[PDB]
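Chloramphenicol acetyltransferase 3, liganded with chloramphenicol.
All chains are named by letter (A, B, ...) in the order of the sequence lines, taking the proteins before the strands, and each is independently numbered beginning at 1. First listed ligand is number 1; within each ligand, the first listed atom is number 1. When the header is checked for method, it gives X-ray crystallography, 2.0 Å.
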Amino acid sequence: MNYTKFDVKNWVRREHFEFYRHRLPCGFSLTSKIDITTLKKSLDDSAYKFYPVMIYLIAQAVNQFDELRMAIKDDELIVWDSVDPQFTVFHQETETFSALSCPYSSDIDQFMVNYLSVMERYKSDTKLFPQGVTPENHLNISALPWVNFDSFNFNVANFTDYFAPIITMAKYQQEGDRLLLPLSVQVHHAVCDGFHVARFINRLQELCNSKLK
Amino acid sequence: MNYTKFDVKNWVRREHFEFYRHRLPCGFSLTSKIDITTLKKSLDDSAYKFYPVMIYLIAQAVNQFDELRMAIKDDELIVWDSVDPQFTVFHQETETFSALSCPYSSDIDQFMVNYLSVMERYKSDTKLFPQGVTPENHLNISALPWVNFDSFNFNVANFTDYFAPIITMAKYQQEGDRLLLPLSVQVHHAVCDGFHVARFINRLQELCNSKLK
Amino acid sequence: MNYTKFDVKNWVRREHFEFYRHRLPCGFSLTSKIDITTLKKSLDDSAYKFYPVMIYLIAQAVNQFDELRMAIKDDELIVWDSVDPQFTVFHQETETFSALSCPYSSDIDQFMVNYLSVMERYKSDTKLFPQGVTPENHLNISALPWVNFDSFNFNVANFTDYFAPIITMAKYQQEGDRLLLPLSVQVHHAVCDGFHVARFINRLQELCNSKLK
Ligand SMILES: O=C(N[C@H](CO)[C@H](O)c1ccc([N+](=O)[O-])cc1)C(Cl)Cl
Ligand SMILES: O=C(N[C@H](CO)[C@H](O)c1ccc([N+](=O)[O-])cc1)C(Cl)Cl
Ligand SMILES: O=C(N[C@H](CO)[C@H](O)c1ccc([N+](=O)[O-])cc1)C(Cl)Cl
Ligand SMILES: [Co+2]
Ligand SMILES: [Co+2]
Ligand SMILES: [Co+2]
Ligand SMILES: [Co+2]
Ligand SMILES: [Co+2]
Ligand SMILES: [Co+2]
């Protein structure tokens, strides 16, 4: 299979996992600003577009840390070998959105081909899920390109055992010499502590500051 | 009546509405900064005060978009022809607040008269709801003038079917050449997507940048 | 005992207390930036370290306002004479955290001795609660020193009657001439209004701007 059953009995976080899963169930969200000044220049020197690149980079960073790819399957804790991005697409015509997913690839060029191909095929489909069921091994990404925000939070009436991270980006803005992008990350505390979120964000910032290929 | 039953069967969002109402019930909040540099000058050239003007402008913008005036009445989805602001008033003497409402009017001067008249009559009343029941066709506005914030979120134990937007403003602050006001908007995802919130905020920013009358 | 039963029948907030406790149960969070430019200089001129000092100052400010030290005990509303900080400690070795508490003292030097002594004794203990049960009269403080944030919120599946404030700080950052620290405060609306939170934050800012001793 594409997942491994995680060894909960010998995990250093086993007490935290039961505590935040069942004793005091909770998740948290944080919004931080990533510096995309360097990424903007890399983009300027290429034919890639902003949204797909951010999807790629967020998926790449998630795909590096196990704690962001956990799930309960058959009542057991597993880690997906890899997760694919599920992202939102806006339809100008109806002013509604759809969620699509495409296979992740560590090759940026192959990722771009997967993306354009899904986009090609469902750009006109207004169902909420044009592809049908969401793949179990997913991460959620969404964008609000029309407004800048300093904070974002989802208030969900039930999030029991749902461990996939939720990432939302706003419109970026010029903050003196820098171009900053607000990014909100929302996770379940059973699998992620503040350290793990900070580590994901720091790694995404480094990827934004590195060559695309 | 002062509302119309909305046509859910032919709505482009009908799948989203059932999905966020019953399958995955959720709302979200976002905080963004509005530039009130121009409004401050308009205020300086007038006798209007800041709080009542912001109430007016927020109500005016809500009153322009249907998705911000939805409600369930008799198990059906309706749109109010118009909504009146319900806002908080602080009592210095007891250090407690009350919530009041007054009729909205597209005439700023008539709005100011409605406001001062409600204020006149209940400035000393410390009940939480001095007027008695809140009008069904309302929007909630509150202000925290004592502190600036970058984020605000309400954690509500039950928000089933409550679709009126919740707007909270903080103390404004000087951010170089500009005067910025933090404004938090919290909505139910069954009736509002990120696009609709961004559109409300963009429209409020334009109103702040326009003549009062 | 170390608490007093509060007089609910004659409280100016009695209607608000029942309303937010049982009619519309809710809490809120806000994140604001404290200016720690002066505190940094006081720290520079001393041997105290940042984390313990912030713990001290947050506890000192909480200990001044009754509404931040409320609890339900034996079905009655009480006010603790004083509360002790419960704070998080990160273990680099396992990349996990523990929560510890130590007695509050209005003498900064005695507080530092209590802190170092608890730290000495449990620095290697990876249990979530090395000391065993959390003291009932507590406040929660946590820190995310690895990342700066503009917002933070806990999404808790059940917060019935839990009135102790939750305070989270991020990594501080230089914002022109100032050093700012993001601080998130999350409270239950039955005991705290926006005014009370703003008053706590304003008082903490003054303490940060004053001599340590
Ligand atoms: O609602 C969805 N996505 C939103 C898009 O803004 C977000 O990414 C999200 C995902 C899961 C979620 N949850 O599970 O509570 C809430 C929001 C997909 Cl399920 Cl369609
Ligand atoms: O509590 C109220 N208002 C607060 C004021 O800060 C806010 O505007 C609000 C409104 C509704 C709400 N809700 O329905 O969950 C929560 C907060 C009115 Cl009901 Cl009194
Ligand atoms: O979880 C805890 N603390 C976190 C630390 O980030 C936070 O301070 C907190 C405290 C209580 C809480 N609650 O009661 O819902 C949630 C988070 C202590 Cl119970 Cl271990
Ligand atoms: Co259990
Ligand atoms: Co791998
Ligand atoms: Co249904
Ligand atoms: Co109209
Ligand atoms: Co009751
Ligand atoms: Co005292």
(message) I'm trying to find chloramphenicol in this model - which ligands or chains should I look at?
(response) ligands 1, 2 and 3
(message) Could you check which other chains have a non-hydrogen atom under 4.0 Å from chloramphenicol (ligand 1)?
(response) A, B
(request) Kindly confirm or rule out an N or O of B:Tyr20 lying under 3.5 angstrom from an N or O of chloramphenicol (ligand 1). (result) yes
(message) Just to check, does A:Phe159 reach to within less than 4.0 Å of chloramphenicol (ligand 1) when the distance is taken from its heavy atoms?
(response) no
(request) Return only the organism name the entry records for chain A. (result) Escherichia coli
(request) Out of A:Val156, A:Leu139, A:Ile166, indicate the one that has the non-hydrogen atom closest to atom 12 (C) of chloramphenicol (ligand 1). (result) A:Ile166
